[PDB]
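Featured here: a structure holding paromomycin.
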Amino acid sequence: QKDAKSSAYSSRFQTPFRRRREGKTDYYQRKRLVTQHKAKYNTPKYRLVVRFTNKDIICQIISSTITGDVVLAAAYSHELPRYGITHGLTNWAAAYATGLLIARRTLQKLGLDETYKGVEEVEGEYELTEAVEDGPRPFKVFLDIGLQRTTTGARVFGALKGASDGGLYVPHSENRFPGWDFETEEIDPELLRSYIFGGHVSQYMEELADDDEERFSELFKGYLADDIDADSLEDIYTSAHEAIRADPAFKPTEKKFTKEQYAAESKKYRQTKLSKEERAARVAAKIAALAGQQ
Amino acid sequence: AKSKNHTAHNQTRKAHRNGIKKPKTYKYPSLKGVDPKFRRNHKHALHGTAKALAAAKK
Amino acid sequence: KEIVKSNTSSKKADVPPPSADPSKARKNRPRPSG
Amino acid sequence: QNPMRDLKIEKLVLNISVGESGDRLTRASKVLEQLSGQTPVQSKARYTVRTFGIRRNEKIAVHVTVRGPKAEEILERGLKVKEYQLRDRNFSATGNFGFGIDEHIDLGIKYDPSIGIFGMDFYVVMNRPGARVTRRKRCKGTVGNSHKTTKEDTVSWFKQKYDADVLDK
Amino acid sequence: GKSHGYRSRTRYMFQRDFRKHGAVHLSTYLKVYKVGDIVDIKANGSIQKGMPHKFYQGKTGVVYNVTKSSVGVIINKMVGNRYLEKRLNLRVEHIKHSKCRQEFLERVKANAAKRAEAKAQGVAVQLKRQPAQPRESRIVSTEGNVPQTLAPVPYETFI
Amino acid sequence: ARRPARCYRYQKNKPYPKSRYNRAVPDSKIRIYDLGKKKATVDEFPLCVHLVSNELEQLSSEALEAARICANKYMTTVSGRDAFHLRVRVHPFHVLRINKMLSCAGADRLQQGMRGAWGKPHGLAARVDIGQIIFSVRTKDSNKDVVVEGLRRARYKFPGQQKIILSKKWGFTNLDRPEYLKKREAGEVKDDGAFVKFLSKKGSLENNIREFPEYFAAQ
RNA sequence: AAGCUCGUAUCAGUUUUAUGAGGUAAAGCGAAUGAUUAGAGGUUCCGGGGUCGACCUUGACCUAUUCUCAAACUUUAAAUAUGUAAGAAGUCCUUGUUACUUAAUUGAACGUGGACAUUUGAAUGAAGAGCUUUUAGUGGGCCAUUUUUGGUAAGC
RNA sequence: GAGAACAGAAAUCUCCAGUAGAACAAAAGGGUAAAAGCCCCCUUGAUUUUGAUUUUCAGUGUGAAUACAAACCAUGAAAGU
RNA sequence: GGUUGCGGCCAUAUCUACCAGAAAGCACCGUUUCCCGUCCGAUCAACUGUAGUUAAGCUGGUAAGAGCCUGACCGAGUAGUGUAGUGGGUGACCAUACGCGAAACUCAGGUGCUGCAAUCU
Ligand SMILES: NC[C@@H]1O[C@H](O[C@H]2[C@@H](O)[C@H](O[C@@H]3[C@@H](O)[C@H](N)C[C@H](N)[C@H]3O[C@H]3O[C@H](CO)[C@@H](O)[C@H](O)[C@H]3N)O[C@@H]2CO)[C@H](N)[C@@H](O)[C@@H]1O
Ligand SMILES: NC[C@@H]1O[C@H](O[C@H]2[C@@H](O)[C@H](O[C@@H]3[C@@H](O)[C@H](N)C[C@H](N)[C@H]3O[C@H]3O[C@H](CO)[C@@H](O)[C@H](O)[C@H]3N)O[C@@H]2CO)[C@H](N)[C@@H](O)[C@@H]1O
Ligand SMILES: NC[C@@H]1O[C@H](O[C@H]2[C@@H](O)[C@H](O[C@@H]3[C@@H](O)[C@H](N)C[C@H](N)[C@H]3O[C@H]3O[C@H](CO)[C@@H](O)[C@H](O)[C@H]3N)O[C@@H]2CO)[C@H](N)[C@@H](O)[C@@H]1O
Ligand SMILES: NC[C@@H]1O[C@H](O[C@H]2[C@@H](O)[C@H](O[C@@H]3[C@@H](O)[C@H](N)C[C@H](N)[C@H]3O[C@H]3O[C@H](CO)[C@@H](O)[C@H](O)[C@H]3N)O[C@@H]2CO)[C@H](N)[C@@H](O)[C@@H]1O
Ligand SMILES: NC[C@@H]1O[C@H](O[C@H]2[C@@H](O)[C@H](O[C@@H]3[C@@H](O)[C@H](N)C[C@H](N)[C@H]3O[C@H]3O[C@H](CO)[C@@H](O)[C@H](O)[C@H]3N)O[C@@H]2CO)[C@H](N)[C@@H](O)[C@@H]1O
Ligand SMILES: NC[C@@H]1O[C@H](O[C@H]2[C@@H](O)[C@H](O[C@@H]3[C@@H](O)[C@H](N)C[C@H](N)[C@H]3O[C@H]3O[C@H](CO)[C@@H](O)[C@H](O)[C@H]3N)O[C@@H]2CO)[C@H](N)[C@@H](O)[C@@H]1O
Ligand SMILES: NC[C@@H]1O[C@H](O[C@H]2[C@@H](O)[C@H](O[C@@H]3[C@@H](O)[C@H](N)C[C@H](N)[C@H]3O[C@H]3O[C@H](CO)[C@@H](O)[C@H](O)[C@H]3N)O[C@@H]2CO)[C@H](N)[C@@H](O)[C@@H]1O
Ligand SMILES: [Mg+2]
Ligand SMILES: [Mg+2]
Ligand SMILES: [Mg+2]
Ligand SMILES: [Mg+2]
Ligand SMILES: [Mg+2]
Ligand SMILES: [Mg+2]
Ligand SMILES: [Mg+2]
Ligand SMILES: [Mg+2]
Ligand SMILES: [Mg+2]
Ligand SMILES: [Mg+2]
Ligand SMILES: [Mg+2]
Ligand SMILES: [Mg+2]
Ligand SMILES: [Mg+2]
Ligand SMILES: [Mg+2]
Ligand SMILES: [Mg+2]
Ligand SMILES: [Mg+2]
Ligand SMILES: [Mg+2]
Ligand SMILES: [Mg+2]
Ligand SMILES: [Mg+2]
Ligand SMILES: [Mg+2]
Ligand SMILES: [Mg+2]
Ligand SMILES: [Mg+2]
Ligand SMILES: [Mg+2]
Ligand SMILES: [Mg+2]
Ligand SMILES: [Mg+2]
Ligand SMILES: [Mg+2]
Ligand SMILES: [Mg+2]
Ligand SMILES: [Mg+2]
Ligand SMILES: [Mg+2]
Ligand SMILES: [Mg+2]
Ligand SMILES: [Mg+2]
Ligand SMILES: [Mg+2]
Ligand SMILES: [Mg+2]
Ligand SMILES: [Mg+2]
Ligand SMILES: [Mg+2]
Ligand SMILES: [Mg+2]
Ligand SMILES: [Mg+2]
Ligand SMILES: [Mg+2]
Ligand SMILES: [Mg+2]
Ligand SMILES: [Mg+2]
Ligand SMILES: [Mg+2]
Ligand SMILES: [Mg+2]
Ligand SMILES: [Mg+2]
Ligand SMILES: [Mg+2]
Ligand SMILES: [Mg+2]
Ligand SMILES: [Mg+2]
Ligand SMILES: [Mg+2]
Ligand SMILES: [Mg+2]
Ligand SMILES: [Mg+2]
Ligand SMILES: [Mg+2]
Ligand SMILES: [Mg+2]
Ligand SMILES: [Mg+2]
Ligand SMILES: [Mg+2]
């Protein structure tokens, strides 16, 4: 730019933590989650990591280790088709889905699945998973927003209300869900229970069916050729509920070929580094070209 | 009138006659300044592990 | 509706910044003659 | 060669710099709502200048930001006013550009003498796809060397379409 | 007037290192301290709360308490002729984990494993350390290295 | 006034420069550190002579001044006005203090005194290490006799011992004259203002090419 | 001064090894800051005037160089001095207590029962180690080498 | 730095650059960049109780400070503070 | 091996330029009813994955590149410094003895390593 930086600048510049430069981590907040009580010693702290890619929803149960962070067990939106949703991968009801998947998935890993049931048939009303009298206590997990901007009725808090509703202790307040009115100041479980099962996406299809066919042609084009209807949506997620709680156990992809086999090909497209004899020979040649005062 | 102000002269000397001692430590140090609800619960952990030997010996 | 947009400046001085003064001015400009 | 990098208009801010408080400011604020239909935002005074009769923190100017469809025609409205001829300045070296015209009557906008008379500033910023790379929250990046709208590149865009002209040199 | 307040003279001392500033990383918060731990004390300027007085900078002591954000450390300072017992309540950003004792454990443990070698064989133990020694007789080969003989250099000015 | 140079001759105090915490100090009686022909090309003035301190002490600007003036006025008027480049190699940054008991009429005081002794700035001097060069002169090799005496004539304004040293080096640079000329055939010397720039091997290959063409005539 | 409890328990104006901490000396300024001599290159086509019905000076900035500096500058950084450890109050195995703590027989302390001595876990020294009570005088100090402030300096 | 009616050195608007070269009452030094800065939202932990610890130190007082306990509150989705 | 979610150390990871990028992922991007946030669906929100795309973000390579990391009887046993003498010198200073010992310089090499999870010719 002819803003070119003086060596004095680039010599004294202090480079941030790498995961700041690439902007994947707010460490100010990470300190305020990871760090545990010192009279609680080595008993780790667990965060619920909720990350939305464009095409996927990531939900991970994570504790921290100085070698690197640990994840108990993880789920995805892209797992949900196995539980019966081909379309609508990233949306609130799919966040409740993935959130309730990892709720009954991880909590099963602990042997805590049977005891500490959940909220069962879902009124969408505000409650948390309380404690069993003379028994274990809920496995405590904390919400990790990541870089995500907090708003009332945000895609992340579905995974919150999904996972909280699946037996996990993930404390919160209702007010950032849909149905908290910023005057009323209490919650309406309808607007939530609607959203929980997809009661927005479906309602748009109806209204959109009226206004524009050509808009409905593409936007929902996946629902058309798959034989899916408007209020069928309510039972797509209500079914996957039973399906999730049925088989929370994690089966991975069988991933055709293998580890070694991938690598043999999967990057032949990276360049090799030179040696010093290579770079020095080029330099001496790059002189010969540019030489002769040209 | 004016006179001396300060010095450390000869003080190392005086403090090495009888001096410099040592922390004089014991086993089972005092608990001064330890978390109260540790030293509270710690009482009953010992109050209870007493009866355990008020039974075993018979 | 009066909506004001806030300044990101940390400067709380009422002093005009020393980019401005009788100097740095110019004897030129289209002073209207008509 | 040039699949995704074509162009667009990022935003156009019409700015009306009053220089005084009260009516002339508050009236010029109605002008910009009758202009874009968007409700505008006034600016406080940076610092006191007793020559211009304004204490600091005195509400002075006003403007509004418009994008997409509504801007391009209000931009097209202005290009009719200066008659599709612009100078070698008016185009920033960062690729963006802008001009100004008096009276605001010249593009639509009937009189309404119960408003009064105002001119304005037309400045408009050019961008490309992948612009939110810089403007987002997560993983904020920086537009590469290619892309990165240049001065002669948004000129060859503004001369080709709009069939306009460079001037003054 | 003389000025003796708490942090006086600490200017360079409490400075963060050249090109190390801002937030403190997570290894500091992720460390566990129980009683008896031997810790080195070095203050951190970024954290003002619960930091040592400038005296204890560089001193090493045994933690006598573990609280929410801090550990009490008992340290021995001399006043007059004696050492009194100081105990500081310091946060974890100002606490290191002392490598002084750490090797002694790796010494004892290696000593017990070399004891089993005198149990399974019966050779002499040689457990306790011995300082460096006079070395020994040797023979230096003139083969391929023949002493090259030097003299002193004269005086000449280099500027 | 100017109490004699015998009072300030030795470096008795930590350097006390003109600064923010010390202001209102006089100006160095020597403002001119470079004179003669200061634009002369490097290759023009091969031979160099130094005036080197043999002592660890303080040189006052006023003394530096008269030394400078002395050297020049002889050097020029004998050999030539442009026959040399004289550089004063030391800058008087140390600020001397006086107490100044003398105040105003009619009487001195009793008995205070030493009380409030700290001084106001008096003069400037340049604190000098053993073997530190004071003056440097570069000229043509044929001027030696005239240059060697020029500095020799200026020592008498300098407190302490100082030697006149024949510099084995080219001009005001490094590189003893053969090791200079060695890099002159390779054209590694680009004349700068009254100095040279040297061609590195350390930089970007583009500008290294443009900068020193005849070095790769080729390589 | 009086002793008292004990008999090599524990030490130590010292080193060795392991492990900390520090920002002085030195050093650095074509590294930040602040100061500081000299030319050379490049835009203002000028901040301002001229030469002419746009070319030269003046400055202002900019680029790579050049001479010299800092108790209250500094990337770097000693020597000397300095905190800690070198065991039986050790290193481990097991599993009882609690109202603290945990998703939890998770922990945390504190115990029960059990594994290992022979260089028992650097050198050197120990004229013995620990403890207590009481009470005199003193509370103008000065000198040498070295580091060091004020002062031209002083048997200051 | 490059760009816009009057608008000029100085008004308001834009983009690019920008390791802190700004700001944090004040002395100075330290510390801070998705903040400790600017701005907005909500509050009264500038509260109750009573001990311990650091500096100064005689290891008295006083001033100031640190880490807890026991309550009762604020804030936030929360962990937290 | 690439790729992503959370990372540890926090430039061998930063800057500047220029190229290369299959698979998958990431993005860029389409959408403006609903929760939601703005002067402005730009950022924030929600819907869709459908209409389009590697141009960019991103990952690599290239540079007698900047900076940064590393090494050495490179400079230097130099500067400084601990101990010593009824050593030298009018002094300023300096030598020697028993030890400790730099920074600049220079040559040389290097340009992220890696944890848990998932995923892909
Ligand atoms: N060179 C002589 C120096 O002066 C010393 O003595 C000085 C003074 O003590 C003595 O008295 C002088 C007096 O002679 C002279 N004519 C008048 C002067 N006021 C006096 O001095 C007196 O007054 C001065 C100033 O107020 C003060 O120093 C003090 O009150 C007192 N000494 O005379 C000397 C100066 O005039 C000693 N003679 C000698 O040891 C010293 O080296
Ligand atoms: N020679 C090694 C070096 O010198 C030291 O190592 C050791 C000794 O040289 C050093 O001795 C020092 C002495 O210099 C100086 N007198 C300070 C200190 N009191 C002594 O150290 C010892 O002091 C007494 C016993 O004398 C003990 O109470 C104390 O705990 C101990 N550290 O004690 C160190 C530990 O025993 C430094 N730790 C370090 O520079 C380095 O290790
Ligand atoms: N750090 C490793 C060591 O670096 C040493 O080298 C040191 C110097 O040679 C090197 O100096 C380089 C210089 O070589 C190069 N040609 C220019 C560069 N600006 C300098 O850099 C250095 O000095 C500047 C100030 O001049 C500082 O701003 C900078 O932080 C510093 N790294 O800085 C190094 C220290 O950072 C030795 N090569 C060797 O002992 C070892 O490799
Ligand atoms: N001599 C040229 C003129 O003098 C001054 O500038 C001179 C210097 O101040 C400046 O020197 C360098 C500069 O080259 C470089 N690119 C940046 C650097 N910070 C400057 O540093 C300067 O100032 C700092 C304190 O801030 C000093 O420590 C340093 O010794 C001094 N050279 O470059 C000039 C030549 O050395 C005026 N600022 C300006 O009018 C003009 O450059
Ligand atoms: N370095 C080893 C030391 O062993 C010591 O151990 C010593 C004592 O603890 C132990 O004493 C025991 C005692 O515990 C127990 N309650 C009573 C029993 N009679 C004592 O026994 C001892 O003393 C008696 C009486 O004089 C002697 O007859 C007998 O020989 C001796 N073993 O006897 C040991 C001496 O022989 C300490 N644990 C400690 O100082 C250190 O670890
Ligand atoms: N809180 C009640 C107490 O619990 C104690 O047990 C708790 C711990 O103390 C006990 O841990 C023991 C520990 O006591 C003992 N001193 C050392 C042993 N390695 C530990 O074992 C621990 O680690 C091993 C793997 O290393 C695990 O398999 C095991 O589950 C775990 N408890 O395991 C329990 C939970 O961690 C004892 N049963 C007893 O002192 C008492 O009942
Ligand atoms: N101004 C007169 C005097 O100057 C002296 O200055 C001396 C100091 O500045 C410096 O002396 C240093 C000393 O500071 C440091 N602590 C120890 C070091 N060995 C000495 O070194 C000096 O003296 C020794 C003596 O044999 C010489 O061998 C050595 O070459 C010389 N540099 O060098 C000077 C002596 O050579 C003293 N400051 C003091 O006696 C008095 O002020
Ligand atoms: Mg946050
Ligand atoms: Mg239980
Ligand atoms: Mg609340
Ligand atoms: Mg509440
Ligand atoms: Mg008196
Ligand atoms: Mg006296
Ligand atoms: Mg007295
Ligand atoms: Mg006094
Ligand atoms: Mg006694
Ligand atoms: Mg003071
Ligand atoms: Mg430091
Ligand atoms: Mg350091
Ligand atoms: Mg505070
Ligand atoms: Mg004198
Ligand atoms: Mg003095
Ligand atoms: Mg001066
Ligand atoms: Mg005074
Ligand atoms: Mg020196
Ligand atoms: Mg002389
Ligand atoms: Mg060390
Ligand atoms: Mg310093
Ligand atoms: Mg200091
Ligand atoms: Mg110095
Ligand atoms: Mg240096
Ligand atoms: Mg600075
Ligand atoms: Mg500053
Ligand atoms: Mg010039
Ligand atoms: Mg180094
Ligand atoms: Mg038990
Ligand atoms: Mg003995
Ligand atoms: Mg007495
Ligand atoms: Mg008395
Ligand atoms: Mg008396
Ligand atoms: Mg005396
Ligand atoms: Mg006397
Ligand atoms: Mg005498
Ligand atoms: Mg800048
Ligand atoms: Mg700066
Ligand atoms: Mg504040
Ligand atoms: Mg300040
Ligand atoms: Mg600062
Ligand atoms: Mg930073
Ligand atoms: Mg809480
Ligand atoms: Mg969009
Ligand atoms: Mg979005
Ligand atoms: Mg590409
Ligand atoms: Mg390089
Ligand atoms: Mg390496
Ligand atoms: Mg002598
Ligand atoms: Mg020596
Ligand atoms: Mg030593
Ligand atoms: Mg060494
Ligand atoms: Mg890199």
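Here is the naming used below: chain letters follow the sequence lines, and residue numbers restart at 1 for every chain. Every number for a ligand or one of its atoms is a count from 1 in the order of the listing. Only a slice of the deposited entry appears, and the contacts counted are all within that slice. For the numbers below, each heavy atom of this structure counts, side chains included, while hydrogens, waters and symmetry mates do not.
- Copies included, the model assigns paromomycin to ligands 1, 2, 3, 4, 5, 6 and 7.
- Going by the PDB entry, the chain with the most contacts to paromomycin (ligand 6) here is 25S ribosomal RNA.
- Chains touching paromomycin (ligand 6) with a heavy atom below 4.0 Å, listed by letter, come to G.
- Binding site of paromomycin (ligand 6) at 4.0 Å (heavy atoms): G/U94, G/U95, G/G96, G/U97, G/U98, G/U105, G/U106, G/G107, G/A108, G/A109.
- Within less than 4.0 Å of paromomycin (ligand 6), the structure shows other ligands or ions, namely ligand 36 (magnesium ion).
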